[PDB]
Each structure stands twice: as structure tokens, then as C-alpha cells.
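Inspection log for the structure reproduced underneath, given as C-alpha cells.
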Amino acid sequence: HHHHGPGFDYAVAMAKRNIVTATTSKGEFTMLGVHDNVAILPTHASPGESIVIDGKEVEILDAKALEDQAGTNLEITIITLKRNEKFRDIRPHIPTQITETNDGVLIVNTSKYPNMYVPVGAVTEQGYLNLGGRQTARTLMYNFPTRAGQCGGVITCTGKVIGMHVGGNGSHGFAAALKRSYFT
Ligand SMILES: *[C@@H](O)[C@H](C[C@@H]1CCNC1=O)NC(=O)[C@H](CC(C)C)NC(=O)OCc1ccccc1
């Protein structure tokens with residue numbers, strides 16, 4: 001087998017064109033660009049009227065904090081950027097279903113955690129979880145000691161973008177599940 005396996009190669013290829021580092025008033029977050037001018041951040045990143053990407057202020061046209069049908073926070077905020085550059089459309093890589101895997105990779109890219117690729121192993125649906133005081137729905141859980149600064153990180157498996165890191169309790173990490181219908 002190749003030294004660098006399919007999960008890693010997929011993560012790196014996804015990151016190169018669809019992950020940027022965004023700075024809000026709450027600091028730097030890994031940020032997935034989904035299509036056109038649409039990206040996602042952890043809701044607690046609290047994007048304001050603008051964010052910094054690549055040292056430049058980029059206006060935010062809209063920010064939509066996602067909730068499930070019962071009103072429960074999903075901890076995903078969809079933001080729309082005022083700029084002409086379009087993100088490679090990766091919607092086809094986002095599953096229609098909340099998706100588990102035996103082999104997930106957490107992708108983080110900030111000045112604190114530059115080019116971080118971690119195979120977190122099993123990614124399992126958890127559902128409703130109180131994340132340190134923030135009630136959250138549709139979470140995924142992995143057994144890896146994630147830390148502050150990694151939120152916004154992308155969870156992938158080969159061929160799919162399945163979650164966005166939002167929390168952790170010391171020994172485990174938690175992601176907001178991604179579904180294609182969020183972006184269509
Ligand atoms: C990223 O901003 C950060 C990542 C956490 C920090 C510790 N390890 C991580 O992976 N997310 C949070 O700090 C987060 C923000 C909420 C408003 C969603 N809350 C959090 O992770 O609380 C800790 C906790 C999680 C689950 C059960 C009990 C406590």
C-alpha cells in the first residue's frame with residue numbers, strides 16, 4: 001500500500017481548496033468553504049459583519065445559525081461572503097445522511113495548529129449533547145483529546161465531508177454532523 005493512504009490524501013486535497021483560516025472577534029477558526037461564497041463556522045465563533053481571511057477583511061452578507069426542527073442548536077452557522085472568488089463546490093462530497101465512519105480524519109488549520117491532520121478513528125453519532133453549557137443536536141463523537149483552537153476543524157472520511165468540530169470534554173471530541181440538505 002502507498003505510504004500516504006486514501007483518507008489522508010482525500011483530507012489534504014479537500015483542505016487545499018476548501019479549508020481556509022477565518023479570524024473572528026473570538027479568534028482563528030478553521031473554516032470549510034462549501035460552494036460559491038458559502039462557508040461554515042461553529043456558531044460560537046460568532047462571526048460579525050466581517051471576518052479576516054488571508055490578512056484581508058471580508059464582509060459577511062449573512063450568517064444563519066442552524067437549528068433542528070425542534071429548535072435545538074446544531075452549532076453550525078452558515079455564512080455568506082462578499083467576494084467574487086468561489087469555493088470549489090463540494091456539496092456532492094457532503095452526504096445526504098448523518099454519517100459515521102470507522103476511519104475519520106480531523107483537519108485543522110490555524111496559526112496555532114497549522115496543517116493538522118489527525119486520524120481520530122471511529123466517528124459515531126451521539127445526537128443531543130450539552131457542550132459545556134451549550135445544548136447541541138446531531139453531534140458526532142470521536143475518541144481523541146481535542147482542544148481549544150480546533151473548532152471549525154473538518155471531519156472527513158475517504159470521499160466524504162461529514163462533520164465540523166465544535167467541542168470536547170478532554171478525552172473525546174464532538175462535531176456537528178454535516179448533511180447536504182443544509183446547503184441546498
Ligand atoms: C473550540 O472552540 C472548542 C473545542 C473544545 C475545547 C476543549 N476541547 C474541545 O474540543 N469548543 C468549545 O470550547 C465548546 C463551545 C460550545 C459553545 C459549543 N464547548 C465545549 O467543548 O465544552 C466542553 C464540554 C464538552 C462536552 C461535555 C462537557 C464539556
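Throughout, numbering of the chain's residues begins at 1 and tracks the sequence. All ligand and atom numbering here is 1-based and tracks the order in the structure. Worth knowing before you read on, the calculation uses all heavy atoms, side chains too, and leaves out hydrogens, waters and symmetry mates.
The drug seen at ligand 1 is recorded under the name GC376 (bound form).
Going by the PDB entry, the chain with the most contacts to GC376 (bound form) here is Genome polyprotein. Contacts of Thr146 with GC376 (bound form), taken as heavy-atom pairs under 4.0 Å, involve both backbone and side chain. Remark: GC376 (bound form) and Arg134 share no N or O pair separated by less than 3.5 Å (distance only, no angle test). Where the criterion is an N or O separation shorter than 3.5 Å, residue side chain and backbone included, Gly149 fails it with respect to GC376 (bound form). Between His165 and GC376 (bound form), a contact under 3.5 Å exists for at least one N or O pair. Near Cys151, the atoms of GC376 (bound form) lying under 4.0 angstrom from a non-hydrogen atom of the residue are 1 (C), 2 (O), 3 (C), 4 (C), 11 (N). Grouped by UniProt domain, residues of chain A touching GC376 (bound form) are mostly found in Peptidase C3. GC376 (bound form) does not have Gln150 within reach: every non-hydrogen atom of the residue lies 4.0 Å or more from it. For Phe174, no nitrogen or oxygen atom sits less than 3.5 Å from a nitrogen or oxygen atom of GC376 (bound form), counting backbone and side chain alike. The active-site residue of chain A per UniProt that lies nearest to GC376 (bound form), with minimum heavy-atom distance rounded to 1 Å, is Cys151, 2 Å. In this structure, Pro42 does not count as a contact residue of GC376 (bound form), since none of its heavy atoms falls inside 4.0 Å of the ligand. Annotation for GC376 (bound form): atoms under 4.0 Å from non-hydrogen atoms of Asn130 are 26 (C), 27 (C). Distance check for atom 13 (O) of GC376 (bound form): every protein heavy atom is found at 4.0 Å or beyond.
Here a covalent bond ties GC376 (bound form) to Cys151 SG. Taking only nitrogen or oxygen atoms, main chain and side chain alike, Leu129 does not reach within less than 3.5 Å of GC376 (bound form). Neighbouring residues of GC376 (bound form) under 4.0 Å (non-hydrogen atoms) are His44, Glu75, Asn130, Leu131, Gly132, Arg134, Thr146, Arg147, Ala148, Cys151, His165, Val166, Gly167, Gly168, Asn169, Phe174.
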